[PDB]
Protein chains: 2
Amino acid sequence: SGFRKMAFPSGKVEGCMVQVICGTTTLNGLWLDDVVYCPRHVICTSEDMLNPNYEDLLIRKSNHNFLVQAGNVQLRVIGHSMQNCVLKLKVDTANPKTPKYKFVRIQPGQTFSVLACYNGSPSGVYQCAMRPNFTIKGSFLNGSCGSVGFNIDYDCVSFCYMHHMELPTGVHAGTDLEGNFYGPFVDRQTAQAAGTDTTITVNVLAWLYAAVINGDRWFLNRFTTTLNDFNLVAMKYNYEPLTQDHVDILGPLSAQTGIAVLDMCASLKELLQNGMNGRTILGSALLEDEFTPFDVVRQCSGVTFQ
Amino acid sequence: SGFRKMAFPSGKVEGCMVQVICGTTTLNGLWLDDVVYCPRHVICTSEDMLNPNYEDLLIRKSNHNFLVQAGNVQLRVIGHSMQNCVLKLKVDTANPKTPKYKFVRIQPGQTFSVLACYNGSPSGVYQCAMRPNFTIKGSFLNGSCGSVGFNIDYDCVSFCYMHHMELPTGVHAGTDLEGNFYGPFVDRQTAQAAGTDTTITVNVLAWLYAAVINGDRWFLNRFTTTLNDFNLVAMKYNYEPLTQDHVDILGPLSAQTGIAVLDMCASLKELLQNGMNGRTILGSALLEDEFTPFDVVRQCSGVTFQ
Ligand SMILES: *C(=N)[C@H](C[C@@H]1CCNC1=O)NC(=O)[C@@H]1[C@@H]2[C@H](CN1C(=O)[C@@H](NC(=O)C(F)(F)F)C(C)(C)C)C2(C)C
Ligand SMILES: *C(=N)[C@H](C[C@@H]1CCNC1=O)NC(=O)[C@@H]1[C@@H]2[C@H](CN1C(=O)[C@@H](NC(=O)C(F)(F)F)C(C)(C)C)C2(C)C
Ligand SMILES: CCN(CC)CC(=O)Nc1c(C)cccc1C
Ligand SMILES: CCN(CC)CC(=O)Nc1c(C)cccc1C
């Protein structure tokens, strides 16, 4: 029993992290086969970042302007190109630690692990969700850019995020590994703000199932509801609408616990209308929305990885 | 900015996890040099666990009764012994992935990362604190025993916990790597219960400093207090006493923020007497006590590891 915010084991990703230095700017890169991927603003001075023309800045660089450090070994850059907001540095050595991997673009509400790195070295690992407003609530300092987010499937690492920037309220924005930002943000140091965020309803329901699996059952009422009736109430409280796809995704947890999804929706509706009355669920005084249905199954059923 | 419950990167520990099978019982072992460490109840049938005589059960086993699987390779057991609640299996191959390591016994209030494993394979990583009542609030299922807790120091893995059992309320108990339990628990399936837990005051103060570093400052009052006056109030609310050692440990965060430890104690005292008035700190509606002063420094300053 017990339920914690759990990250994937990080070893496969640790083997891919390198340091990328361009002049004086230093950040992290991801070394897969003979390519190192990193944020393009590694080519910027502090002044350039205020209003960069990345195409112009990259013109002015040759392969020799990039230093890649992998442990005690320097890797020679023998080609470079830009793909959206990511720089791809071809190096003279393919990484012998390259895991089976994919590049994926995730949907809002999906979760992933972040290996927070500085100077090519890992600092720590934590779990994040892609928020509906296309930010993540991470923990990142200067030099963290190029840290990646990922999921594991048996032996395959699905990279879904590369870190680029921090927005007001201290939330974070970045790209997929093709360099395309999540959300309407740009890699320029000028005032930008995330839109109003919303609560990921399907994930809250997943976490209520996790609570029931763990014996935290006080919030279960005797009611049911229609999907339409639930959604009008949740829209009031800045919850995302629940779709039939979400209901279908919750099926395995519903069958395990013997609680129909619409019955759990009625329980959630009561929590939204009445509050928690000074009680906790799984040790939290707030409803938690950063566990997906699969996260609950993976953790409560002991799914392992190679 | 941002502040998350962060685990250490797990790769060095992943390289040490193996499967130990004794007859039909299967759990995890820790492979370091030519020794595999695992919980002694691997030698128990389900019936034995109700009231085991481990010395008698181990008599009856030979080296051939233990199978150790490390990836696709089976390791021959060529010796065995018992050290308190841990079994040590000498194998014919030293682990080439053995990191620099130490065995340490931690104090209540200290934190560590857990690599939760099943069948020798990692499932996930999360951060835990040793509670004042010598339990940890983990997430563990059948077959998780032998999963370890650890801290990293540059390149050195300090192993501090091996998982053995779950107690009522769904909290967890285990041993150091010499097999000595934390707390007054025994590895027998009979009714046991943790004593009343308390809140780790020095860690709450560390987390309030983390909040201030992140700009969450609404709870800072204009008062100071003596250490004695603070401790009488906190004792009322089941908080551990704050010692001069704790004050000294908080010094670096106090100096960084320019907030005297006793001033932050006055702020905490007000939160305990008045509550949070429907507000959050670092996104939490409850005061958090599972970040140590070093955890706050490591995360907010970007300390990395080899
Ligand atoms: C990569 N190493 C850093 C990570 C930042 C640093 C502080 N917390 C983080 O996550 N990325 C940056 O410093 C980027 C980078 C220029 C400026 N920047 C920012 O994150 C800034 N944010 C913005 O300008 C805003 F609001 F638009 F997001 C900063 C004020 C430094 C937080 C570039 C090229 C965007
Ligand atoms: C190791 N693989 C498991 C981990 C357990 C399983 C459920 N959650 C966990 O953390 N260890 C055990 O099953 C141990 C083991 C016998 C029984 N046991 C327990 O954890 C039981 N707890 C107790 O008997 C109590 F209350 F004393 F802690 C159980 C009822 C199965 C939760 C031995 C040898 C102690
Ligand atoms: C790059 C796109 N992927 C899609 C799965 C191919 C791949 O990962 N191949 C791969 C395999 C099969 C074993 C070990 C290492 C690698 C890199
Ligand atoms: C076992 C007790 N430790 C105390 C630090 C010795 C140690 O870890 N030695 C070690 C070194 C120095 C480098 C690589 C691997 C190992 C095992």
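The alphabet sets the chain names here, A first, running in the order the sequence lines are given. By the numbers in the PDB entry, the shown part of chain A spans 1-306. Just so it is clear, chain B uses the PDB entry numbers, and the residues here are 1-306, in order. First listed ligand is number 1; within each ligand, the first listed atom is number 1. Scope of the values below: all heavy atoms of this structure, side chains included, with no hydrogens, waters or symmetry mates. This deposition comes from X-ray crystallography, 1.6 Å.
Choosing among gemfibrozil, lidocaine, alprenolol for ligand 4 gives lidocaine.
The compound at ligands 1 and 2, a drug or drug candidate, is named nirmatrelvir (bound form). Structurally, the main neighbour of lidocaine (ligand 4) is the chain that UniProt identifies as 3C-like proteinase nsp5. The heavy-atom neighbours of lidocaine (ligand 4) at a 4.0 Å cut-off, by chain: B. Geometrically, lidocaine (ligand 4) and B:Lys102 share no nitrogen or oxygen pair separated by less than 3.5 Å. For lidocaine (ligand 4), no covalent anchor to a chain is modeled. Most residues of chain B touching lidocaine (ligand 4) map to the UniProt domain Peptidase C30.
For lidocaine (ligand 4), the atoms sitting less than 4.0 Å from at least one non-hydrogen atom of B:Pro99 are 15 (C), 16 (C), 17 (C), numbered in the order shown with element in parentheses. Protein heavy atom at the shortest distance from atom 15 (C) of lidocaine (ligand 4) is B:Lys100 N, 3.5 Å. In terms of protein heavy atoms, atom 4 (C) of lidocaine (ligand 4) is closest to B:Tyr101 O, 3.2 Å.
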